Each structure stands twice: as structure tokens, then as C-alpha cells.
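Drug present: aciclovir.
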There are 6 protein chains.
Amino acid sequence: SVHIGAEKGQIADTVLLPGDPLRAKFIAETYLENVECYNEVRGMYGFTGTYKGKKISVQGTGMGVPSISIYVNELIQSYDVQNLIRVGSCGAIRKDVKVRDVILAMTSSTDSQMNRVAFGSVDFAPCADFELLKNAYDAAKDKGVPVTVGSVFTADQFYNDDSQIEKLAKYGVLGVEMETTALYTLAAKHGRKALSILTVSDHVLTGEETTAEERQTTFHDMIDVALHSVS
Amino acid sequence: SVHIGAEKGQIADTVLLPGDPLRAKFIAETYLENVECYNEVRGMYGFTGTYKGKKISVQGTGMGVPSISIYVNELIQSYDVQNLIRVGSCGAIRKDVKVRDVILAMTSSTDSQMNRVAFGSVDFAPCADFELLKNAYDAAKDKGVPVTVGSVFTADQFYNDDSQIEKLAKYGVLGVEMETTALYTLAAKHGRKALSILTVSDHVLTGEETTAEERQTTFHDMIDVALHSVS
Amino acid sequence: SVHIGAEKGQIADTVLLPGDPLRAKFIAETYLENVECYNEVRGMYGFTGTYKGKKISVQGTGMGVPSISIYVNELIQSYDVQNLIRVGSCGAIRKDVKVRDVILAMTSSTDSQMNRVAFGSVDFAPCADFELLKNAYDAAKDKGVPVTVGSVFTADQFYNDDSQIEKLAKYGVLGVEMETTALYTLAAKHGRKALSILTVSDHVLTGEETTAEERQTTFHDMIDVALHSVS
Amino acid sequence: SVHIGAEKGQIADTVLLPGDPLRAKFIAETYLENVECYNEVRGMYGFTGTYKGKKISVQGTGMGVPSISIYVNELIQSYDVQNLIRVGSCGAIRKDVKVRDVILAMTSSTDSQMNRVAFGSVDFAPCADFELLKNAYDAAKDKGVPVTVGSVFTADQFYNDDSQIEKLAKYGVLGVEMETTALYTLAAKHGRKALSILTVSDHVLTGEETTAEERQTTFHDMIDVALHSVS
Amino acid sequence: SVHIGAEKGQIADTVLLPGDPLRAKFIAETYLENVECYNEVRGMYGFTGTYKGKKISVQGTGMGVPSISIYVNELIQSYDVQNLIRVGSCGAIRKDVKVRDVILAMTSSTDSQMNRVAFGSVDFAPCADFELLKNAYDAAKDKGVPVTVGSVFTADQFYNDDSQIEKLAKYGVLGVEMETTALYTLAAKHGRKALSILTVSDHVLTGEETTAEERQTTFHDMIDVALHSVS
Amino acid sequence: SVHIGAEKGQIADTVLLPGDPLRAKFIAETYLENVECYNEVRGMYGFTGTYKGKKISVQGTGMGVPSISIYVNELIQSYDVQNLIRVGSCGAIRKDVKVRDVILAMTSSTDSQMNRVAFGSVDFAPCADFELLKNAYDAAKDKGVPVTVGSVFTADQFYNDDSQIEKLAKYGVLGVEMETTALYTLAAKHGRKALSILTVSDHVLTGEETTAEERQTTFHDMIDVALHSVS
Ligand SMILES: Nc1nc2c(ncn2COCCO)c(=O)[nH]1
Ligand SMILES: Nc1nc2c(ncn2COCCO)c(=O)[nH]1
Ligand SMILES: Nc1nc2c(ncn2COCCO)c(=O)[nH]1
Ligand SMILES: Nc1nc2c(ncn2COCCO)c(=O)[nH]1
Ligand SMILES: Nc1nc2c(ncn2COCCO)c(=O)[nH]1
Ligand SMILES: Nc1nc2c(ncn2COCCO)c(=O)[nH]1
């Protein structure tokens with residue numbers, strides 16, 4: 001594949017997809033055994049190791065629809081990946097979305113043109129694979145991890161002068177990140193299973209930051225949910 | 001309210017929403033006790049009765065985004081309805097969607113302009129209330145009712161010369177109906193809970209019809225799931 | 001046809017199209033002789049009778065582009081209907097549109113995506129059949145029924161938070177209803193003749209309601225114009 | 001006004017609007033008495049004279065929405081013009097539109113973005129002033145001039161590689177020209193009256209040309225209808 | 001060609017394109033030797049003469065995308081024209097654009113739908129031919145003519161109630177005219193070379209007019225740059 | 001700044017912007033003296049060093065409009081960067097674009113919605129800063145580096161099932177990459193100067209790859225042009 005330097009069999013059936021390739025490294029080293037780095041192209045690291053004797057890969061995606069779309073397309077088309085799970089963060093856009101909440105996205109809205117390019121007059125609603133989502137939901141509930149299931153907004157512009165998050169929040173949308181629409185659309189288009197699990201890095205409308213301790217905790221809950229869900 | 005002749009308190013917290021007002025009548029009379037018709041305006045019947053001692057209303061919506069939007073807006077704004085559950089049918093657009101399957105829609109795509117009118121450049125993905133959906137899912141599973149969770153397409157044109165259902169099917173979409181986008185968007189916009197449960201009336205791409213017996217069976221499973229889910 | 005339970009020959013060449021199927025019943029029983037109900041599917045009644053020895057049908061359409069599109073497509077495709085005449089009401093959006101005025105729509109604007117779905121970058125202007133319109137206009141003038149000829153707006157959302165009726169009014173548009181664009185487009189696409197005759201139920205911008213007596217009078221003028229026009 | 005060198009009072013209440021300023025000159029000199037040229041700016045001639053003792057102006061518009069929009073805006077805003085009548089030609093796009101037919105446009109479709117710029121998600125249907133149209137229609141009928149009333153298509157591209165005229169024809173549209181949408185929209189926006197009367201210069205789909213004699217005849221019928229209509 | 005009455009060979013390889021056909025006449029008579037008028041159709045004059053022994057044509061385009069598109073398409077397709085140079089004016093929309101500045105447009109934004117008609121979801125950025133632009137730039141610099149290189153906005157509406165020039169100015173856009181997008185797109189589509197050289201007729205946001213002397217001077221600089229660039 | 005860990009003064013006035021942060025490292029180490037890495041966040045390295053005694057930074061952008069938009073916004077807003085120069089590659093889409101050619105983009109087309117989000121009905125044409133472009137052009141010419149000046153296409157989807165590059169090529173567009181629209185728009189919006197210099201990595205329509213030696217050579221020419229241009 002053009003952007004991933006792996007050899008056949010080096011990538012697992014199940015790939016976790018953080019945005020930050022240094023977080024991919026952190027996840028692999030902290031959570032998995034017998035880790036190998038199968039990719040260094042562009043410094044977008046990918047790794048494979050085991051969790052409870054089961055192979056799992058962790059691949060950085062970069063930020064934004066166009067970057068994740070590259071990695072997801074290649075993982076699917078060249079490495080026959082079956083389960084793709086984004087583990088990232090988002091900016092919460094409602095007060096009722098708590099800093100400790102782990103978010104499982106059922107769907108995502110977007111201002112990316114990717115789906116209008118394919119469908120024109122149709123609004124395509126991307127959809128999480130329900131089996132992955134329900135497993136993740138059960139795993140959170142079992143351990144008492146606070147979890148909220150709803151939708152997010154996949155944004156093209158981190159700094160958007162024409163942001164509609166205020167209106168999106170009133171329509172129930174939970175938070176804003178930069179990947180989910182692409183992940184969910186591309187996995188579905190190829191008959192694979194996808195889910196995004198997100199932590200809250202801040203409230204964008206109040207500007208209130210989540211603390212370092214808060215972030216470390218929710219991140220560990222996200223990774224546990226991601227792995228527990230698939231064991 | 002302009003289109004519903006009910007008096008305050010006559011409509012329950014929970015409303016079932018068939019498209020066909022003769023099916024609303026059928027549901028109420030067959031499933032509920034102590035039934036009263038609270039609405040005859042336009043012959044779009046609505047009824048209220050009890051199921052296991054709990055009040056439940058059943059309101060016809062008519063067909064298409066514009067018609068359901070009228071009834072959903074009025075139910076919410078004038079009657080403080082909390083849970084809105086569409087019980088309808090759809091045309092299946094994938095072979096893997098079986099005629100006996102009961103569909104719980106996580107989200108819906110659309111060619112209605114309703115959300116571009118509000119959001120312009122944003123593709124708004126509507127979202128089922130997860131609590132209703134999970135309850136409905138558990139109730140199906142408990143009894144062994146075959147159930148599939150995914151997305152549908154809300155169409156403006158039953159006869160569409162420019163239909164994209166072929167492409168929609170390849171993106172994983174399950175079937176086509178005429179209401180869900182509006183229900184899910186309008187409920188979310190007002191902080192209420194919504195879910196669409198759908199049976200399969202045919203396969204639109206093969207033209208193959210589901211039999212009368214098949215339809216009667218799935219319809220009863222849909223109504224059981226709808227009611228069991230909320231008891 | 002899927003939504004109309006009639007047998008061949010049961011529907012006349014000329015069909016009147018009220019939105020409310022209880023008004024279809026009222027029109028048939030009050031104005032026609034030798035009436036039969038040819039349709040009860042979904043309670044969307046249709047009837048056929050005679051006026052001055054000439055067969056005339058009256059078919060409810062429901063509300064909104066998607067609902068009328070179903071009935072108009074079936075009437076045309078399955079019953080070879082030649083003349084389709086909407087008899088309905090609208091909310092006036094200009095002070096110069098008087099509560100007693102009967103409106104003959106030359107064309108309609110819309111926020112429905114139905115025509116962008118077919119044409120994309122083209123704004124399709126629907127067009128009344130001039131022969132029907134001129135006949136209706138002559139019949140009004142002959143009897144002194146106040147009549148105004150201009151355009152309307154076909155709306156998808158009865159409750160629209162992003163309504164542009166203020167701007168539409170400044171561009172000369174007379175009033176807002178939920179059907180005309182679909183009727184005019186679908187009739188033209190199949191070489192049939194269509195016209196919408198509308199009464200005024202209120203002024204939407206002043207909130208001022210037309211009285212019951214006012215409504216009964218204009219409704220009778222509309223039906224006379226509709227029938228006189230075609231005798 | 002920026003593009004018209006006339007002094008107040010030099011332009012009549014009623015202006016005829018050919019596209020070609022040499023045709024404006026021809027119309028004035030051939031049909032009117034006591035003619036003066038009130039405009040030579042850009043060689044887009046305008047003239048004023050009398051017909052049966054009544055003042056009438058004739059102003060070239062140039063070709064395309066942007067050019068006519070300039071002249072129509074200035075005529076209205078700076079010269080208080082009340083009646084604006086386009087007298088031009090179009091390419092017929094249906095076989096049933098005969099080379100001798102004089103076309104009165106009730107409305108026009110377009111691929112110009114002018115109305116999406118103002119309305120976004122709304123398809124604005126422009127509308128002829130019915131009083132002018134009916135007068136023109138009566139004047140044609142009185143003398144036996146063959147006349148057809150329907151819609152046209154206002155095109156931005158005379159040479160359009162993505163032309164949809166084939167589909168437009170199937171929807172009943174009569175022919176294609178380059179002005180009407182702008183005329184009808186701008187007149188309505190300012191409470192003035194507008195009408196387009198068009199001859200047929202060819203059939204665009206068959207490439208068949210109308211002869212010089214044919215064109216001279218229909219042009220004279222158009223001008224008679226235009227003037228008779230307003231006497 | 002439909003709109004140009006010239007015979008083969010009558011039009012030069014290089015055509016200057018003023019909007020105003022009276023300015024085409026002025027340019028030819030003032031700057032060229034051995035001038036002949038090859039076109040009088042619609043009074044949109046075109047002329048051919050020599051400058052320093054080299055053939056050069058000057059053709060009026062009219063105003064707006066649709067009008068220039070006609071002339072540019074015909075010049076290219078029927079007369080094998082290789083270099084097309086717009087010499088016109090624009091309304092400056094930034095204070096830093098000085099009344100004496102001659103503008104060479106690298107590209108243009110637009111509210112014309114011409115390119116969305118061809119490309120839909122793509123924003124097509126038109127592009128000047130760099131060789132013409134650089135030659136024009138060198139010729140200005142050589143003589144000390146003040147020159148600014150950047151983009152313009154091609155507008156459909158001279159009187160635009162929804163004008164975005166304020167925002168366009170903040171994005172660096174220099175001024176507004178009515179032709180460039182069409183010229184640059186159509187020349188590129190056919191492998192020919194195009195450039196727009198523009199003077200400043202006013203500042204649209206301050207309403208400040210450039211004087212007659214100012215306009216005569218910049219116009220002469222524009223024509224010198226246009227001709228010097230191609231000798 | 002959120003994504004860049006530098007301290008004030010650590011980033012130069014002039015920043016080179018490769019997509020690949022490992023190429024940023026390579027450029028800095030190979031071309032500059034007294035290099036320091038000022039950023040390791042997300043492994044998106046940035047470095048500052050000197051070239052001929054003048055400070056120059058080199059910052060990885062990642063791939064796609066959303067990723068570069070983050071880095072460009074932060075460089076401008078938080079580090080007062082004045083000159084931003086993308087040094088990257090593109091897939092050539094015309095045969096006349098030679099593998100050795102260094103491309104200077106005057107403008108870029110896109111299927112990103114970023115500008116429709118800001119402008120709606122306007123097609124915004126981004127524009128290179130001419131001074132940077134001309135300097136780069138002169139520096140190439142001086143040394144005999146083959147150089148082509150024209151436009152590119154900024155794509156959201158590296159794997160695009162609905163790619164229009166065939167049509168884009170016929171309109172003169174040179175090649176496809178994933179950054180330029182964002183760079184040019186965001187720099188202009190903030191009064192800074194931007195340019196994209198691109199090498200050719202392949203011909204996308206012929207699938208023909210450029211060799212390793214070819215790529216190493218053109219890359220060195222690009223970097224020389226980038227640096228020579230600004231000394
Ligand atoms: N677009 C956007 N994404 C955010 C914000 N806060 C956190 N994220 C999610 O990180 C980007 C995912 O790579 C924000 O304000 N805007
Ligand atoms: N649009 C559409 N809806 C369908 C079809 N089959 C079943 N439904 C769902 O019924 C309409 C919901 O009121 C079909 O072919 N098209
Ligand atoms: N959309 C809309 N339609 C109206 C209004 N008032 C009357 N009508 C017309 O009735 C709907 C046609 O079925 C209004 O305020 N909005
Ligand atoms: N766009 C277009 N207009 C035409 C055609 N034939 C005649 N007209 C009308 O003339 C243009 C009005 O100024 C054609 O083929 N296309
Ligand atoms: N659209 C527009 N064009 C202008 C303005 N001022 C000068 N021009 C350029 O003249 C039109 C080109 O034929 C203005 O305010 N608006
Ligand atoms: N979108 C796209 N970009 C390309 C291609 N080839 C090279 N590039 C440019 O690299 C992406 C810039 O980060 C291609 O086929 N498609």
C-alpha cells in the first residue's frame with residue numbers, strides 16, 4: 001500500500017485508530033505484548049501486538065477526513081482489516097456531556113463534502129456497526145465506566161469562523177472531532193465494521209479545559225472499553 | 001393544535017406512529033384497553049388506551065417528511081409527548097435484509113432538503129434515542145424476534161426516476177421509507193426520544209413481494225417490540 | 001396501483017385534488033350525483049360522481065410534496081387521468097392578498113429538493129396548464145368571484161424555523177401551501193394538465209385568521225370555479 | 001443611471017426589451033412616430049416614440065441574465081418604468097412548438113445562480129404579470145396570430161456542453177433564451193409588470209433553421225401583440 | 001459563426017476584448033493602422049488592424065459571463081484565435097488597490113453557476129495563461145506603469161442585494177467585474193491563452209469615483225501594456 | 001498554540017511546508033545550519049535553522065485540507081509567520097506535465113467544502129502571492145530548472161471513486177495534491193504570502209511512476225527554488 005510499509009499478515013483483523021501516531025505507540029507499548037512496528041512511512045506509526053493472546057493493531061490516522069480516509073482505505077483494501085476502531089477525543093458542545101463521559105458515536109454529521117461528492121442531493125448518514133457499539137457499551141456498563149451514546153460532528157476546520165456547533169448542540173449532537181464520518185462511511189462501503197470511541201478534551205463553548213488527570217483517566221477507560229469489547 | 005383535535009391530557013407520554021391512520025385504529029383496538037379516539041381531523045386518527053395499565057397513544061402520520069413533521073411538531077409542542085415511536089414498513093434494498101427481519105433504525109439518510117434548509121453546507125445525521133433503541137433491541141432478543149440494527153433512507157419520492165438506492169445499498173443502508181429523518185431530527189431538536197421500528201414490505205430491487213401472512217407476522221412482532229420495549 | 005383501490009374506468013378523466021380526504025367526501029356528496037367511493041386505502045378517500053351529466057372524481061392527496069406525488073403519479077400512470085385540479089387552501093403572505101380572493105397559481109416556488117434531485121444546478125419552474133387556468137379565470141370573472149393570478153410557495157415544513165416567506169412576499173409570491181410544485185411538475189412530465197385553485201385560510205405574517213363563514217364562502221367559490229371551468 | 005444616458009421623463013411607462021439594440025432601432029423607426037434616441041452608452045440604444053398617440057420606449061438589453069439585469073434595474077430604479085416587455089427569440093426544444101408560434105412565457109427555469117444567491121435552498125419560480133400576459137394573449141387571439149402559453153428556460157451558456165434541454169423538453173418547457181428569469185424576477189421584486197414574448201428562431205434538437213421570411217413574419221406578429229396588448 | 005459576421009482570416013491570432021463595443025472602435029482607430037470592421041451583428045463591433053506591422057483584432061464582448069462566453073466561444077471555435085485579452089475595468093474593493101493601478105488577474109472568483117454546471121461539487125479555479133501575464137507584467141514594469149497582480153471577482157449582478165464583496169476583500173480579492181471567469185475558463189478548456197487587464201473605475205465600498213482624467217490615463221496604460229506585451 | 005510546542009521567536013518569518021514531517025527533518029538537516037527542533041507534538045516535526053545566515057523554518061503539515069489548515073492557522077495566528085511555502089508533490093494529470101517539471105501553482109481547484117462553508121454560492125478562487133511565485137519562477141529560470149506555472153486540484157479523497165481529474169485535465173489543470181487550496185485561502189485571509197511548489201510523483205491517468213532518481217533530483221530542485229527564491 002502507498003502509505004503503509006507493512007508486509008502481508010503484519011496487521012491484525014482488528015485495528016485501533018488514534019489520530020496521533022505518538023498515541024498509537026503509547027497504546028501498543030502500554031497495553032499489548034510482543035509488539036512490532038510495521039510502519040514508519042511519514043512517521044504515522046502502526047504497531048501490532050497481542051492482548052490476552054489475541055492479535056490487535058494500532059495505527060495513527062492523522063487529523064481530518066482526508067488523512068484518515070487514506071489509512072482506512074489502505075487497511076481495508078490491502079490488509080483485509082475487518083474491525084476498525086477510532087479511539088480519539090472530541091470537544092464537547094453540550095453541558096450535559098460530562099468530562100468523564102466516554103462517547104460511543106452512533107453516527108456523525110459533517111461539513112466535509114466527501115458524501116455530497118458521491119451522492120449530490122442525498123444527505124448520507126454514516127452508521128456505526130451496531131455489534132461493535134453494543135459490545136463497547138456492555139463493556140463500559142459492566143465496569144461502571146460512564147458512557148453516552150449519540151452523534152458527533154466531523155469537522156474539516158478546527159478553526160472555523162462559520163462554525164454551527166451552537167445549532168448542532170441544540171439538535172442533540174454531543175461533540176466535535178475530525179474523523180468519524182470518513183471512518184464510518186468507508187468501512188460501510190466495503191462491508192467492514194467500524195466504531196468511534198471518544199473522550200472529551202474540553203467544552204468548546206465554555207472554553208473550559210479538562211485536566212491532565214481527567215484526560216489520563218478517560219483515555220484509559222477508552223482503551224479498556226476498546227479492548228474489553230473485543231475479548 | 002392546528003391538526004390534532006385533542007384536549008390536554010388526552011395524549012399519552014408515549015405515542016406510536018404508524019403512517020396509515022387505519023393502522024393506528026387497528027393497533028389501538030387490537031392491543032390496548034379502554035380506547036378513546038382523541039382525533040378525527042383530516043381522518044388522521046389518533047387514539048389513547050392502556051397496555052398493562054400504562055397509557056399509550058397511537059397517531060397516524062401520513063406519508064412523507066412534510067406530513068409526519070406536522071404531527072410530530074404538534075405532539076411535542078402542544079401535548080408534551082416524551083417518546084415517539086414510528087412503527088411502519090420499508091422497502092428492503094439489500095438481499096441480506098430478510099423479509100422476517102424487524103429493523104431498528106440507528107439513523108437515516110435522505111433526499112429531503114429539510115436539513116440543508118436549516119444547516120446549508122452541513123450534512124446533519126439524525127440519531128435514534130439509544131435508550132429506546134436498546135430497549136427495543138433487548139425486547140426482540142428476549143423473545144427471539146429476528147432484528148437488524150442499521151440505517152434507512154428517508155425518501156421524498158416513492159416513484160423516483162433518479163433513485164440512488166443501488167448506491168445506498170452498497171453503503172450498507174437497509175431499506176427505504178418516508179418518515180424517519182423527520183421524526184429523528186424533530187424529536188432531537190426538542191429534547192424528546194424517538195425510534196423507528198420497521199418491517200419489510202418487499203425487496204425493491206428484485207420486485208419480490210412479502211406475502212400477506214409474512215406481513216401480518218412481522219407487524220405483530222413490530223408492535224410487540226414497540227410495546228414490550230416500554231414496559 | 002399501490003395506494004388506490006380502484007378498478008379500471010372507476011376514476012374520471014378529471015380529478016379534483018383536495019388535501020383532506022374528509023373534504024374529498026364533502027365535495028363529492030355536496031356537488032355530484034350518483035357518487036361511489038372507489039378508494040378507502042389508508043382512509044385517503046376517492047369518489048366519482050357526475051356534475052351536469054359529466055363524470056368527475058375527487059381524491060384526497062394528503063399534505064406535502066411526497067404524499068401528493070404518490071396520488072398524482074398513480075392517477076396518471078394507472079388511471080390515465082388527463083386533468084388534475086388541486087382545490088386547497090394556503091396561508092396568505094401579502095396584505096394585498098384578500099381573505100375572499102380565490103388564487104389560481106401560475107407557478108410555485110419551493111424548498112422541496114424534488115427538482116434539484118432531477119435537475120441539480122437547474123431551478124425548474126413548474127407551470128400550470130394555461131387552458132385550465134384561463135377557463136378557471138373566465139368562470140370566476142363571469143360570476144364576479146374575486147380572483148388573483150400569481151405564484152405560491154410549496155413548503156416542506158409547516159413549522160419552519162428558517163422560513164423565507166418574508167422575502168418571498170417581497171418578490172410577489174402570494175401564499176404558502178404544500179402541494180403545488182409536485183402537482184405541476186408531475187403532470188407536465190407526463191403530458192397531463194394541472195391547475196391549483198386555492199383559498200386563503202389566514203395571513204401567516206399577521207397571524208390573522210379567516211372566519212368560519214369566510215372559509216365556507218371561499219370554499220364554495222373555489223369548487224364552483226373548479227367545476228364551472230370544466231363544463 | 002450608470003448605463004443609460006437619458007434625462008428624466010425621456011423613457012415611457014412601457015418599455016419593449018429586445019436583446020439586440022439594432023432591433024430596438026428597427027422597432028422604433030418602423031412602428032412608432034416622433035422617435036428620439038435617449039441612449040447611446042455602450043451602443044445599447046434606447047428610443048422613445050408614440051404608438052396611437054401613446055408614449056412607448058424600446059431599449060436593447062444585450063444577451064444574458066447579467067446584461068438584462070443592468071438595464072431592467074436602471075429602468076425601474078431611475079426611470080420609474082411600470083411595464084417591461086421582452087420581445088425576443090428562443091430556440092424551440094419541442095416538435096410541438098411550431099416555427100410560427102408566438103410564445104408568451106408564464107414562467108422560466110434557469111441555470112443562472114441569481115436566485116440561489118438570494119434564496120439558497122429555495123427554487124424561486126419567476127412569474128409573468130398575468131394582466132400583461134392575458135392582454136397579449138387576447139390580442140393574438142383576436143387577430144388569429146398562433147400563440148402558445150407555457151414556460152421557457154433561461155440559459156447562461158449559449159454553447160453548453162452540459163445542456164439539459166432534452167430533459168427540460170420532456171417536462172413541457174417550450175424553448176431556450178437568455179433573459180426571462182432576470183426580467184421576471186427583478187420586475188416582481190420591485191412591484192412592476194413584466195412579460196416575455198418570444199419567436200422561434202430554430203429547433204435546437206433537430207438543428208432545423210426557421211427561414212428569413214418566417215422570421216420576419218413572426219417578428220411582426222410579436223411586435224403587433226406587444227403593442228396591441230397595451231392599447 | 002452565429003454572432004460574428006467575419007470571413008475566414010479576417011480576425012487576428014490575438015484579440016483584445018473590451019466589454020463596450022464603442023471602446024473596441026475607439027481602441028482600433030486610436031492604436032492600429034489599416035483598420036477594417038469585420039463585424040456589425042448586434043452592433044457588437046469587431047475590428048482588425050496592425051500594430052507595429054502585426055495583425056491585432058479588437059472585439060466587444062458585452063457585459064456578463066453569458067455575453068462574453070458567446071464571443072469567446074465563437075472566436076476560438078470558428079476563427080482559431082490563440083490569444084484572448086480582456087481590457088476592461090473593475091470596481092476596486094480594497095483601499096490598497098489604487099486608482100492608478102493596472103490589474104493583471106491571476107484568477108477570479110465568481111457567483112456565476114457556469115462552473116458548478118460543469119463540475120458540481122468542485123470549485124473550479126480559472127487560471128490566466130502565465131506567459132501572457134508575465135509579458136504584460138514585464139511591459140508594465142519596464143515603463144513604470146503601476147501594476148498589481150492578484151484575483152478579481154466575476155459578478156452576475158451589478159446591483160446585488162446579497163453582495164459578499166466585503167468578505168471577498170478580506171480574502172485579498174482586488175475588485176469586481178463581469179467577465180473574467182468565463183474568459184479564463186473557456187480559453188483553458190480549448191488550449192488557448194487568456195489574460196484580463198483591468199483598470200479601476202471606482203471604489204465600490206467608499207463610493208469614491210475615479211476622475212475622467214484618471215480614467216483616460218489608466219486606459220491608455222492598459223492598452224499599452226496589452227499591446228507592448230505582445231510585441 | 002494547541003498543536004505546535006514552540007516558544008515565541010523559535011519559528012522564522014519564512015516557513016517551508018512539506019506534507020511529510022520526516023521530509024521536514026530531512027530538509028532541515030540537509031539544507032540548513034544550526035538546526036533546532038521546536039516541535040514534536042503528534043510527531044509533526046518542525047525545525048528552525050539558517051540558510052546563508054538567514055533564519056528559515058520547516059514544518060510538516062500532514063495530508064489534506066483539515067491537517068494543513070491546523071498548522072497554517074497556528075503558524076500565522078500564534079507565530080506571526082509572513083511567508084508560507086508548501087514544498088510537496090502531486091500526481092500529474094496531463095501528458096504535457098513532464099516528470100522533471102517543477103510546478104508553481106497560481107491557484108487551485110478543490111472538492112473540499114471549506115470555501116462553500118464560508119461563501120455558499122460563491123466559487124472562491126484561491127491565489128498564490130505573486131511576489132513569491134515570480135521570485136521562485138526567476139530562481140528556476142536562472143539555473144535552468146524546468147518549471148511550469150498553472151493550477152492544481154486540491155483533493156479530499158486520495159482514493160476517489162467519483163474523481164473528475166479527466167475533466168480537470170481538459171480544463172488545463174496540471175496535477176492533484178491535498179493542501180494548496182487551504183494554504184492559499186488561509187494565508188490570504190490573514191494578509192500573509194503563500195506559494196506551493198510541487199514535484200511530480202507519477203501520472204495518475206497512465207499509472208506511470210517516476211523513478212527514485214527522478215524524485216530525488218526534482219526534490220532537490222524544488223528545495224533550491226524554494227530557498228534561492230527567498231535569498
Ligand atoms: N474540529 C474540532 N475538533 C476538536 C476540537 N476539540 C477537540 N477536537 C478533536 O480533535 C481532532 C480529532 O483529530 C475542536 O474545537 N474542533
Ligand atoms: N420511498 C419508498 N418507500 C417505501 C417503498 N416501499 C415501502 N416504503 C415505505 O412506505 C412509505 C412510508 O410511508 C419504496 O419503494 N419507496
Ligand atoms: N406550509 C404552510 N402551509 C400552509 C400554511 N397555512 C396554510 N397552509 C396550506 O395548507 C397546507 C396544504 O396541505 C402555513 O403557515 N404554512
Ligand atoms: N441559450 C440559447 N439561447 C438561444 C438559442 N437559440 C436562440 N436563443 C435565444 O437567443 C438568446 C437571447 O438573447 C440556443 O440554442 N441557446
Ligand atoms: N459587478 C460589478 N462590476 C463592476 C462594478 N464596477 C465596475 N465593474 C466592472 O464593469 C463590468 C464589466 O463589464 C460593480 O460595482 N459591480
Ligand atoms: N489526491 C491525490 N493526491 C496525490 C496523488 N498523487 C500524489 N498526490 C499528492 O500527495 C498528497 C499531498 O499530501 C493522487 O493520485 N491523488
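Per chain, numbering begins at 1; letters A, B, ... match sequence-line order. Values reported hereafter were calculated over all heavy atoms of this structure, with side chains retained and with hydrogens, waters and symmetry mates removed. Read the numbers this way: they start at 1 and go in the same order the structure lists the ligands and their atoms.
Tallying contacts with aciclovir (ligand 1), the largest count belongs to the chain named in the PDB entry as Purine nucleoside phosphorylase deoD-type.
Other chains, heavy atom under 4.0 Å from aciclovir (ligand 1): A. Neighbouring residues of aciclovir (ligand 1) under 4.0 Å (non-hydrogen atoms) are A/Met63, A/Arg86, A/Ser89, A/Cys90, A/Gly91, A/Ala155, A/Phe158, A/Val176, A/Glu177, A/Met178, A/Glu179, A/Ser201, A/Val204. Remark: minimum distance from atom 10 (O) of aciclovir (ligand 1) to any protein heavy atom is reached at A/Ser89 O, 4.0 Å. Close approach to A/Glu177 involves these atoms of aciclovir (ligand 1), each under 4.0 Å from a residue heavy atom: 3 (N), 9 (C). Every atom of aciclovir (ligand 1) is numbered from 1 in the order shown, and the set under 4.0 Å from a heavy atom of A/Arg86 is 12 (C). The PDB lists the organism for chain A as Bacillus subtilis. Of the residues that UniProt lists as binding phosphate in chain A, those with a heavy atom under 4.0 Å from aciclovir (ligand 1) are: A/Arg86, A/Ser89.
Per UniProt, the purine D-ribonucleoside-binding residues of chain A include some within 4.0 Å of aciclovir (ligand 1) by heavy atom, namely A/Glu177, A/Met178, A/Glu179, A/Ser201. The nearest of the UniProt-listed active-site residues in chain A relative to aciclovir (ligand 1), at the least heavy-atom distance to 1 Å, is A/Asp202, 4 Å. Among all non-hydrogen protein atoms, the one lying nearest atom 4 (C) of aciclovir (ligand 1) is A/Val176 O, 3.3 Å. Taking atom 16 (N) of aciclovir (ligand 1) as the reference point, the nearest protein heavy-atom neighbour is A/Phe158 CD1, 3.7 Å. If you check which protein heavy atom lies closest to atom 7 (C) of aciclovir (ligand 1), you get A/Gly91 N, 3.4 Å. Counting atoms of aciclovir (ligand 1) from 1 in the listed order, those under 4.0 Å from a heavy atom of A/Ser201 are 7 (C). Near A/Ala155, the atoms of aciclovir (ligand 1) lying under 4.0 angstrom from a non-hydrogen atom of the residue are 1 (N). For aciclovir (ligand 1), one of its N or O atoms has an N or O atom of A/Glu179 under 3.5 Å away. Those atoms of aciclovir (ligand 1) with a heavy atom of A/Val204 less than 4.0 angstrom away are 15 (O).
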